[PDB]
There are 4 protein chains.
Amino acid sequence: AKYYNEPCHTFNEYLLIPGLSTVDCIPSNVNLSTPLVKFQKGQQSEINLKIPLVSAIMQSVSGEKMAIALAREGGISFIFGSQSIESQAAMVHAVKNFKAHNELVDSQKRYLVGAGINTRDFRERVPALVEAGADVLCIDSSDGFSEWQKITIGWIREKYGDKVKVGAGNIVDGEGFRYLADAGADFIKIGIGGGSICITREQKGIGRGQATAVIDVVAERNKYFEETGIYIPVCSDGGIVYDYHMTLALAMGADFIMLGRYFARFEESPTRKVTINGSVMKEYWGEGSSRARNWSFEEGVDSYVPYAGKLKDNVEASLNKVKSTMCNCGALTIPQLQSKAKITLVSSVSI
Amino acid sequence: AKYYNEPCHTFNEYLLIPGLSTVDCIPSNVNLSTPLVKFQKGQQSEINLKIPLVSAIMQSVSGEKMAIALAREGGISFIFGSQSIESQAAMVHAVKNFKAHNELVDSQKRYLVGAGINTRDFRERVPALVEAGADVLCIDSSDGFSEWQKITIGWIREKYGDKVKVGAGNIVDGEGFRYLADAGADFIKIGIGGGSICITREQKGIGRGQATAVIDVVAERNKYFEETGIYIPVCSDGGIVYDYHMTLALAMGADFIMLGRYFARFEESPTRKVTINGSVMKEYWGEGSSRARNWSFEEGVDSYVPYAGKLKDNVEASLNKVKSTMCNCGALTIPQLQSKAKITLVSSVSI
Amino acid sequence: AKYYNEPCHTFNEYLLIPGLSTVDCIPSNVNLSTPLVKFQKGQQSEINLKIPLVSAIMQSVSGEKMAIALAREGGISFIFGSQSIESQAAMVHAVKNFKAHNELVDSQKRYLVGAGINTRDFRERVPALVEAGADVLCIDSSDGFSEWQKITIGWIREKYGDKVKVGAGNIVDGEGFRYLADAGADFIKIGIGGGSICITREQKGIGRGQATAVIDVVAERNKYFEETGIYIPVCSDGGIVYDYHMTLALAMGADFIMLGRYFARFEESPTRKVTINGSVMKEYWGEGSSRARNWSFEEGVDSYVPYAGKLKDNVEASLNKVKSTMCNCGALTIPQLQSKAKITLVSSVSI
Amino acid sequence: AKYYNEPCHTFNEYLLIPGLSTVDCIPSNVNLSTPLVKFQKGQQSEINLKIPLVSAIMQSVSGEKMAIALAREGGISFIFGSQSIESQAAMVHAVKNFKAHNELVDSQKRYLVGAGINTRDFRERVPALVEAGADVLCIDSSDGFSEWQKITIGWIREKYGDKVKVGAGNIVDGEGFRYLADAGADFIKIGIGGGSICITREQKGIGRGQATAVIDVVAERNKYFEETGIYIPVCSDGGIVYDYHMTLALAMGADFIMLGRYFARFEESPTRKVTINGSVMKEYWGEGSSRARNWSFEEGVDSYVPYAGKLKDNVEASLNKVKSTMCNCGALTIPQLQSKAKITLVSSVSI
Ligand SMILES: O=c1[nH]c(=O)c2[nH+]cn([C@@H]3O[C@H](COP(=O)(O)O)[C@@H](O)[C@H]3O)c2[nH]1
Ligand SMILES: O=c1[nH]c(=O)c2[nH+]cn([C@@H]3O[C@H](COP(=O)(O)O)[C@@H](O)[C@H]3O)c2[nH]1
Ligand SMILES: O=c1[nH]c(=O)c2[nH+]cn([C@@H]3O[C@H](COP(=O)(O)O)[C@@H](O)[C@H]3O)c2[nH]1
Ligand SMILES: O=c1[nH]c(=O)c2[nH+]cn([C@@H]3O[C@H](COP(=O)(O)O)[C@@H](O)[C@H]3O)c2[nH]1
Ligand SMILES: COc1c(C)c2c(c(O)c1C/C=C(\C)CCC(=O)O)C(=O)OC2
Ligand SMILES: COc1c(C)c2c(c(O)c1C/C=C(\C)CCC(=O)O)C(=O)OC2
Ligand SMILES: COc1c(C)c2c(c(O)c1C/C=C(\C)CCC(=O)O)C(=O)OC2
Ligand SMILES: COc1c(C)c2c(c(O)c1C/C=C(\C)CCC(=O)O)C(=O)OC2
Ligand SMILES: [K+]
Ligand SMILES: [K+]
Ligand SMILES: [K+]
Ligand SMILES: [K+]
C-alpha cells in the first residue's frame, strides 16, 4: 500500500496571518470574480462567476428558485440530476426563460444555470439539458476517479466538441485531478467526506481532510497548467462550516466553492419550512440518503438546518467578511489572495 | 530501553484515498478469497477462506452454531479452547459431521472448523482435536512472543509434521512475527490491546495501536517471504469497530480478520439473548474476565452487545461495503487492494 | 500561498523547566522594571514601567480610576480612544492632575498615563491628547499590518518628531513587526485572536497562537536590533488566562503585557458591578462588539467577569508568583529571564 | 530563551511492546530489588530495597505505621519533615525500635526508615534524625535545582562524611540531575507537576511530563556513571496513576518510585477514615496546601481518596502485575527490564 508523510487536515485547523493592507483595499473595491470553466494561457474563461459560490447538486438545495436567487447575486446553481430527465430540463428551462446588479447572465441577459448529470443515462439526459438551455453541466459522484466519468466526458466531446461545458469529480488528490483533466473536464470538483451530512466513518471509510485535498489538487492543477498551458478551475465542495472557511478555501487555491447546507437554510431552497418548538427550520438530506435515492444502509443523513431567511442578505454578509479578510491579507482579487495568503496550521490544543 | 520514532495509531486514524475505478469493478465481481495457512512461492495455500473473516477463540463467540453459520458464508470459526478437551472435541466433531453457495468445506464437502489450543495441555488436547476432525488449530494467548509457543508448535511438528496446521500469536511487531515464523507457525495473529472488551491501561500496559501493529508485522512478513520463499498469512485480531476498519486492515496487509464482538451480536453466538428495557442484547465477556477463567483483578470485561439478528444478513451487508470500497481503490481482489491502496493518516482534530 | 513548517501554539501548551536558583534570588529582590518605548544601543528607555503590566485600550477596562490605580502600582493604562476626543482628553487630564511606593510618574511626580488613538481622526485627537498631557499613545487596531498605521505614525513624527511616543499594532509575525518598526513605532503590540472576548473562528479567521506570535516577533525584533542598534519593546496583548502565562509571555521575549479581562474584574474598572445569584460580577465587552462601536455581525462579545476586589491586592499576588517562578528559573530581572528561561512544549494529551 | 525539539509526555502516553518471554520467567521468580543510594562501579549499594516503592514525604502519607507496614513488605517510608524536629525524631525512633519475609531491615534486624529534611533547619534537624536512627534522609523540595540543596548536602558531608545518606530533588532534566550529583546527593528525585494533588497550571507553571523527565534524567545519570564511575539511583516521584505506570517508570530507568496518593488510601496512612454517602474515604492533602504549611494562594489541594484496606494486599496485587508485565518484556530483574524494554508512544486519538 501507499502511505503519506503527513496526516490530512480540515479547514478548522487553519488561520490566516495578515499581510500588508494598502490604503486602496476596502471591501467595496474587492473583486470576487472567478473562472468557471477551463481556458488556455493568455485567454479568459468563457464563463466567469461574479461571486465564487455555487449551490450543491442536491434535491434539497438547487431547485428553480435557488438558481434564480443565486444567479441574481452572481453565483450559479447546478439543478439536481436525481430526478426525471424531463423534470430537470423543465427547471433549467424555467430559469433560462424567467425574464420572458451582479447578476450572472448570458449574452441574452438570461440567468446562467447549471445541471448535474450522472454516468448512466447521459446519452438521453445531456441532449435534453442542452436543448433546455443549460449553460454548464457537472457529473455528480462520490468518487470521480472513475473510468465512467472519462467515458461520459468523452461522449460529450464527440457529440458537442468544446461547446458543452462539463465539470467532473469528486476527487481529492493530484492523481484524481490529473485523470479527469486528461479526460477533458472543464472544471474539477474537490471533496469526499467533508460535507455536513457526511458520516464518512460510518460509510466506506474513504476521504481526506478538505484543506489537504484542496492544497494537493491545486498544486497538481498548477503543475498541469505549466506543462500544457491549460488552466482548469477547481471547486472546493463541502466542508465549509464557517464563513472564514470560504476565505481559506479560496486562499488555498480553489477558484470557487460548492455548498449544500449553507444554501438549504434559505427561503429559496426547495424544501419544507418546519417550525420545531419555536424554531423555524428547513429540511436537508444528502443525495446518499435513502430519502433521495428513492426517485439496509445509507450514505447520507436526513436532518434540519436553521432558517436564515432570503439568500441575498446572507450571501452579502458572508462575502463582506470574505472581502474584509482579503484586505487583511493584502488582496483585492481572488488570484491575488491565492498568491499572497499566509496560511498557518493550528495546534490540536488550540481547538 | 528501546524507543520508536513515531507513536502508534489505531484504525480510526486512517482513511482510504480513491484510486482509478475501472468499468469491470463492480461489487459482484470482487473476489474476497484469502490464504489461511502458509505456503511456498509459486504455490497456493492448502486452505483458502471464501471471505476474510474468522470468529474469535472465545466462549461467548465461537460455538457449534457460529462455526456452521460462518463456514456457510465462507469464513471459519475457532472453537474456544477454554473448556474441557472432550467438550471442545465434541463441538468440532458436531461441525464436521453436521451434514450426516460460498460455503467453506473440505474435500468431503464438510464444513471447515478451527480450534483454539493453549501452551499447557496441548499433548492431550491436540490429539483429541485432530481425531475429532479439526481442520486447523491456533494457540490462543495475549502474548505469543513466548518460548512456550515455540515448544508447543515444535511438539506438533514432531508428531504430525506439516499435516496439522497451527496458527500462533498474538504479537504486534516484526520481532514477534519473526520468532513465531521461525518456530513454524502456519499463520500469525496480530493484536494486543485493540479488542473491544480490552482495558489495556487498567491491565498490564502492554500493547500497540492495531494499525501500526499490522503495518509493521506485514512489512516483516513480506521481508521474510523474500528471504525464505515462505508466505505466512497474518491475521488482524481485534480493534475492528466499523465495517470500513475491515477494509483498512486488509489494505494494510492483513490476509484475514478475527472478530469477537462483531459475531457475538448474532443469533448464532452461544450466549443468552437478554431484553433490557425494550432492547434485545447478547452477553459478551472477554477470555480474560474471571467469568471465563473459572472453567482480585481482571484482564477483560463482561458486558452486552446489541442483537443484530442472523449472521448471514449482517456479514453480507458488511462485505458488500468492503467490496464497494475496494472498487473505489481499483481493486478486484484482496492482494490487489494490498498493492494499490492509498492510505492516509487523519489529524487528531479531524476526529 | 505561503505555509509554515509548524502549527502555532497558545500559552497553555508551555511549561517552564527550572534552572539553577542561587541564594540571592528571593521574590523581594526580583526587579520587574521593563522598557516601554524604543531606544538605541547603550541607552536606557525614556520610559520604564515598574511592573510589566498595562491595561487594555478598552471602554470596559481603562478609565480614569484604572489608570490611577495601575500607575500607583507601577504599570500604565491606555485610556480608551473609542469615545469623543474631548472625553478622552478629559480622562487623561484628570489622571495627570490627580495630585493637584512603586508609582509610575513623570519628573513632576504626576502619574503616567497612555491613550489609544485610531488611524482616522488622529489629526484632531493627537493634539488634544498631547495638550491634555498623555505620556504615550498607541494605535489601537485588530490588524496593524496596515499602510494606515504607517501614515498615522508618519504624521506624528512630522509634527512632533521623537517627542511624542506612539505604539502600533497588532501584528503576529516578523514581517508585520518589521513594517511597523521601519514606520517608526516606539513599541509594537503583539496579538490577534488570543483575547478572552475573542471568537476568532466566528469572525474573519485571522490570527495566530499567542506564544508562536510572541516568539516569532521577538526573534525579528532581536534581529532588527542587531542590524540597526534600535531596540523596540514589544507587548504581548491578550491570551493571558493564568498568572503563569505572564511569566511565559515575558520569558518568550515580551517586554510587557497588555490585559483586558484581568483588569476588568477590579473595583477600579469603569463598568457596573452586578450581582447575579449570589455572585458579584463586572461587565466586560470587546471593542469589536456592537455595544462598543455604537459611540448583523460582531467582532467581539459582551459578558461578565467575577469581581476580584481592588487592583492592588490582585496585582501583588500575581506578581509575587511571577517573581517566585523567575527565581526558579534563575532570574532576578526580566532580561535575565528572557535569556535563561528553559521553555518546553507540552503534549496534547497532557492537557 | 532555550527551547526543545519535542514536547514532553506523561506516563499515560506510553505502552510496552512485548519481548521474548522465556520458560524461566514466571512472576514468582522475578526479583524486584533495587539500589537506594549511590555506589561506585563494581560495588553494590549499601542499601537495597526489596521492592521499588517508597512512600511520599507527606503529612498525609508517611507516618509511623506506614513506615512499619511498608518496610515489612520491602519498601521504605520517608517520615514527613513538615513537623517539629522532636516529633519527626520520635516517629523515626518508634520505627527503629518497634521490635523491642521481604522485610527491609538493618544489620540489627530493625526496620529501615527514611526522613525528609529541608534546606532551613537542617543543622538542628539532621543531628536529631541521625541520633534517632534514621537510615536515610532526603531533602524535600518542589525545585531542587537550588544552591540551598548544595549547601545542605555540603554541611552534611562536612559533619558526617559519607556515613549519612541524603537524597535530593526534585529536578526534571539532565542539568538539574548533574548539579545535585556533583553536590553529593546519594539519590536524586525526579518530578515537578506530575503529582495527583498537583495543579501545575494554576500555580507557577513549572514542570515537565513525568515520562520525559525520567527518560532525560536517566540518560544524564548513565552518562554521569560512564564519566565518573559513580552510579546514582534516581527516583520517579509522582505521576503514577495506574499500576502499569510503575512498570513504565522502572522500564524508563527509574530505580525506584515515590508515591503519595497510592499509599494514602491504606489503613496505615496517618489520616482520618471518613464515610461519605456509603463510601469510605481517606483524607489526602499536598504539602503545598495551606492545611500543611500551617505547622491567598495554594500550591496543592486537600481532597479524599478511596479506602483500599491494608497496604499489604494492595502492594502485593500491584507488584504481581508489574512482575507479570516484566516477564512479557523478557525481564527477570529491574536492570534487565531497563535494558530490554521496548517502549512506544501512543497517539492522542488513541487516548
Ligand atoms: O457524505 C455525504 N453523504 C450524502 O448523502 C451527500 N450528499 C451530498 N454530499 C456532498 O456534500 C456536499 C455538501 O456539503 P455541505 O452540506 O457540507 O455544504 C455536496 O456538494 C456533495 O459533495 C454528500 N456527502
Ligand atoms: O483485553 C482483552 N481482554 C479479554 O478478556 C479478551 N478476550 C479476548 N481478547 C482479544 O480480543 C479479540 C476480540 O476483540 P473484538 O471484540 O474487539 O473483536 C479476541 O480475538 C482476542 O484477541 C481480549 N482482550
Ligand atoms: O476578538 C476580539 N474582539 C473584541 O471585541 C476585542 N476587543 C479587544 N480585543 C483584544 O483583546 C485584548 C484583551 O484580551 P484579554 O481579555 O484576553 O486580556 C485587547 O487588548 C485587544 O487586543 C478584542 N479581541
Ligand atoms: O503540586 C503539588 N502540590 C502539593 O501540595 C504537593 N505535595 C506533594 N507533592 C508532590 O507529589 C508527590 C505525590 O504524588 P502522587 O499523589 O501523585 O503520588 C510527592 O511525592 C511530591 O513530589 C505536591 N505536588
Ligand atoms: C453524488 O453525490 C455525492 C457526492 C458528490 C459526494 C459524496 C456523496 O456521498 C454523494 C452522495 C452519494 C450518492 C448519491 C451515491 C452514489 C455515489 O456513490 O456517487 C461524498 O462523500 O463526497 C462527494
Ligand atoms: C487468550 O485470549 C486473549 C488474547 C488472544 C489477547 C488478549 C487477552 O487479554 C486475552 C485474554 C487473556 C487471558 C485468557 C489470560 C491468559 C493470557 O494472558 O493469555 C490481549 O490483550 O491481546 C490478545
Ligand atoms: C481595536 O481593538 C481590537 C484589537 C486591538 C484586536 C482585535 C480586535 O477584534 C479588536 C476590536 C475590533 C474593532 C474595534 C474593530 C476595528 C478593527 O478591526 O480594528 C483582535 O482580534 O486582535 C487584536
Ligand atoms: C516539598 O514538596 C513538594 C514537592 C516535593 C514537589 C512539588 C510541590 O508542590 C511540593 C509542595 C510544596 C511546598 C511544601 C512549598 C515549598 C516548596 O516550594 O518546595 C512539585 O510540584 O513537584 C515536586
Ligand atoms: K494587513
Ligand atoms: K476510484
Ligand atoms: K531552580
Ligand atoms: K513476551
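Simply put, chain letters go A, B, ... down the sequence lines. Throughout, chain A uses the PDB entry numbering, with the displayed residues spanning 2-101, 222-416, 428-483 in order. All residue numbers given for chain B refer to the PDB entry; the residues shown span 2-101, 222-416, 428-483 in order. Chain C is numbered as in the PDB entry, which gives 2-101, 222-416, 428-483 for the residues shown. Per the PDB entry, chain D residues shown: 2-101, 222-416, 428-483, in order. Both counts, for ligands and for their atoms, begin at 1 and track the order of listing. Method on record in the header is X-ray crystallography, 2.2 Å. Basis for what follows: all heavy atoms, side chains included, without hydrogens, waters or symmetry-related copies.
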**Q** Say which drug appears at ligand 8.
**A**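 The drug there is mycophenolic acid.
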**Q** Help me out: which chain holds the greatest share of contacts with mycophenolic acid (ligand 8), per the PDB entry?
**A**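 Main binding partner here: inosine-5'-monophosphate dehydrogenase.
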**Q** I'm curious which other chains are hanging around mycophenolic acid (ligand 8) with a heavy atom under 4.0 Å away - can you tell me?
**A**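 Within the heavy-atom cut-off of 4.0 Å: D.
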**Q** Can you tell me which residue and heavy atom of the protein come closest to atom 13 (C) of mycophenolic acid (ligand 8), and the distance to 0.1 Å?
**A**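 Looking only at protein heavy atoms, the one closest to atom 13 (C) of mycophenolic acid (ligand 8) is D:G409 CA, 3.9 Å.
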**Q** Numbering the atoms of mycophenolic acid (ligand 8) from 1, which are under 4.0 Å from a heavy atom of D:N291?
**A**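 Numbered from 1, mycophenolic acid (ligand 8) contributes 23 (C).
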**Q** Which of the UniProt-annotated residues for NAD(+) binding in chain D lie within 4.0 Å of mycophenolic acid (ligand 8), counting only non-hydrogen atoms?
**A**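 UniProt binders with a heavy atom in range: D:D261, D:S262, D:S263, D:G312, D:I313, D:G314.
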**Q** Looking at atom 2 (O) of mycophenolic acid (ligand 8), what's its closest protein heavy atom, distance included?
**A**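 Protein heavy atom at minimum distance: D:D261 OD1, 3.3 Å.
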**Q** Under 4.0 angstrom from mycophenolic acid (ligand 8), any heavy atom of D:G314?
**A**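 Contact check D:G314 vs mycophenolic acid (ligand 8): positive.
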**Q** Can you pull up the source organism of chain D from the entry for me?
**A**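 The PDB lists Tritrichomonas foetus.
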**Q** I'm comparing mycophenolic acid (ligand 8) with the native IMP site: which UniProt-listed binding residues in chain D have a heavy atom within 4.0 Å of it?
**A**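 In chain D, UniProt ones with a heavy atom near mycophenolic acid (ligand 8): D:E408, D:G409.
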**Q** Only heavy atoms of D:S262, strictly under 4.0 Å: list the atoms of mycophenolic acid (ligand 8) that pass.
**A**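 Near D:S262, meaning under 4.0 Å from one of its heavy atoms, mycophenolic acid (ligand 8) has 1 (C), 4 (C), 5 (C), 19 (O).
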**Q** Decide whether the shortest distance between a heavy atom of D:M59 and an atom of mycophenolic acid (ligand 8) is less than 4.0 Å.
**A**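 False for this residue.
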**Q** What is the nearest protein non-hydrogen atom to atom 9 (O) of mycophenolic acid (ligand 8), stated with its residue, atom name and distance?
**A**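 Nearest neighbour among protein heavy atoms for atom 9 (O) of mycophenolic acid (ligand 8), to 0.1 Å: D:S263 CB, 4.0 Å.
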**Q** Please list, in number order, the atoms of mycophenolic acid (ligand 8) under 4.0 Å from a heavy atom of D:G312.
**A**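 That gives atoms 22 (O), 23 (C) of mycophenolic acid (ligand 8).
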**Q** Which nucleotides or residues of neighbouring chains are within 4.0 Å of mycophenolic acid (ligand 8) (non-hydrogen atoms)?
**A**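 Using heavy atoms under 4.0 Å, it comprises D:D261, D:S262, D:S263, D:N291, D:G312, D:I313, D:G314, D:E408, D:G409, D:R414.
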